[PDB]
> 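Here it is: the structure, laid out below.
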Amino acid sequence: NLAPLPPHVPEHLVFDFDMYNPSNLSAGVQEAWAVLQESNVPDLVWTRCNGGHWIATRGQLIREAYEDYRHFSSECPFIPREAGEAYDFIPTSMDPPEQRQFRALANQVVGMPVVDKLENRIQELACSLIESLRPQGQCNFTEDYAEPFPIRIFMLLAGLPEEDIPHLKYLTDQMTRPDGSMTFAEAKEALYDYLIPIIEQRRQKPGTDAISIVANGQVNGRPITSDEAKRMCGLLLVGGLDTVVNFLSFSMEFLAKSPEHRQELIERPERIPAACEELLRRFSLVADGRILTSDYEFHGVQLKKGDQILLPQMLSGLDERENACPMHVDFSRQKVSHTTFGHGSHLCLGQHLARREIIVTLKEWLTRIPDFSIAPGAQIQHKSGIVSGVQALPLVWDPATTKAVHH
Ligand code: HEM
Ligand SMILES: CN1CCC[C@H]1c1cccnc1
């Protein structure tokens, strides 16, 4: 339940929001979080849920905090406090100047250059999966495409066997949406337990895979340590297994419910890139933050050192003061504003890989199965957390309206 209110917190700023189980969850997870943006709610509130933590509710506040790493440190970036204290992935748990040097190395395995070179394989995997489903006329998109497409692309790049997916997927989820069987520390260590033997074997006999590059990598001329590689590889695992997988579900759900917007893409393919950006805004899904490094007065609110402050990357784009008709999906929006991939020194290094994956999915799915919808009488349940997702997305379509395309 609720944590006792700290001495310095004003009772008029208390809004008991629960990020792992928001009250208005059945209306759609993004809709649940938007309640923090209704007229009466202040720009910065305090929830007593999950141990108690501040919550910036507007883009202006969120963007500001992410830029000011001096007052807002990534050292303890997650809610609750035990999860953030135990979290030490690189570069996410570091602030500049220390974190900068590690980004370049990560870019060596997921940056635009590597992505450009993966295009052929990515499109090839997307098409096989889709054509594999096209004749059945149904599928549960979460397990049939959303998880396999991105995860297999990563497992491949990482030189990790596909049979290890179920185990790894489970562990990453305990970090973003814990079912209660594991603490944050336990899941993290279980992941490290998996990676350690591999980072050691890749440093003895390195291959060309992602982990080999990282384990034998150099940051600012000096060679990376075994511990650092572990912490960096753990972050890459989470990105390939619980980011795009969740996003594709939100996107296909919307498309399933809006024959209008899909038709807009089928008829005018060139706008798919722009459509992707708008879908990333409307269905943003990440929510992490920072921890106060000192007593600081922020927008009239007294914050004390050690206070945690959630800065939901998902809210900036939904903020009416940033986009005129927030909950409306308009592919022709002239200035699609958002912070879906973060803001500041920690801007997502995988976003380029993310976009190609989203764009390839839209182009290769719409080209084969243009007509489809939500299964008969199914009510789509969303899941909330550090990274929100879709519990299940069963779809259906008439095989006769589909077309077998050749890649
Ligand atoms: C649609 C999918 C994705 C979303 C929305 C997303 C979101 C984010 C966000 C918001 C951050 C910054 C968080 C913070 O400020 O603490 C971030 C960091 C990062 N992301 Fe992603 N990401 C996505 C996919 C990926 C993928 C697929 C990978 C790689 C396989 C990845 C790798 C990274 C890395 C390495 C960082 C750390 C950068 C740093 O610490 O400076 N992300 N991502
Ligand atoms: C805060 N991050 C942004 C993308 C993934 C997310 C995250 C979630 C769990 C563990 N590490 C990172």
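The residues of chain A that appear here are 10-416 by the PDB entry count, in order. Hydrogens, waters and symmetry mates play no part in the numbers below; they use all other heavy atoms, side chains included. Read the numbers this way: they start at 1 and go in the same order the structure lists the ligands and their atoms.
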> Which macromolecule is the chief neighbour of ligand 2 by contact count, per UniProt?
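Its main partner is Camphor 5-monooxygenase.
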> Got a name for the drug at ligand 2?
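Answer: (S)-(-)-nicotine.
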> Which other ligands or ions, by number and name, fall under 4.0 Å from (S)-(-)-nicotine?
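Result: ligand 1 (protoporphyrin IX containing FE).
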> Which residues that UniProt lists as binding heme in chain A have a heavy atom under 4.0 Å from (S)-(-)-nicotine?
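Per UniProt, none has a heavy atom under 4.0 Å.
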> Identify the binding-site residues of (S)-(-)-nicotine using a heavy-atom cut-off of 4.0 Å.
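The heavy-atom contacts are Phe87, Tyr96, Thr185, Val247, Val295, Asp297, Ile395.
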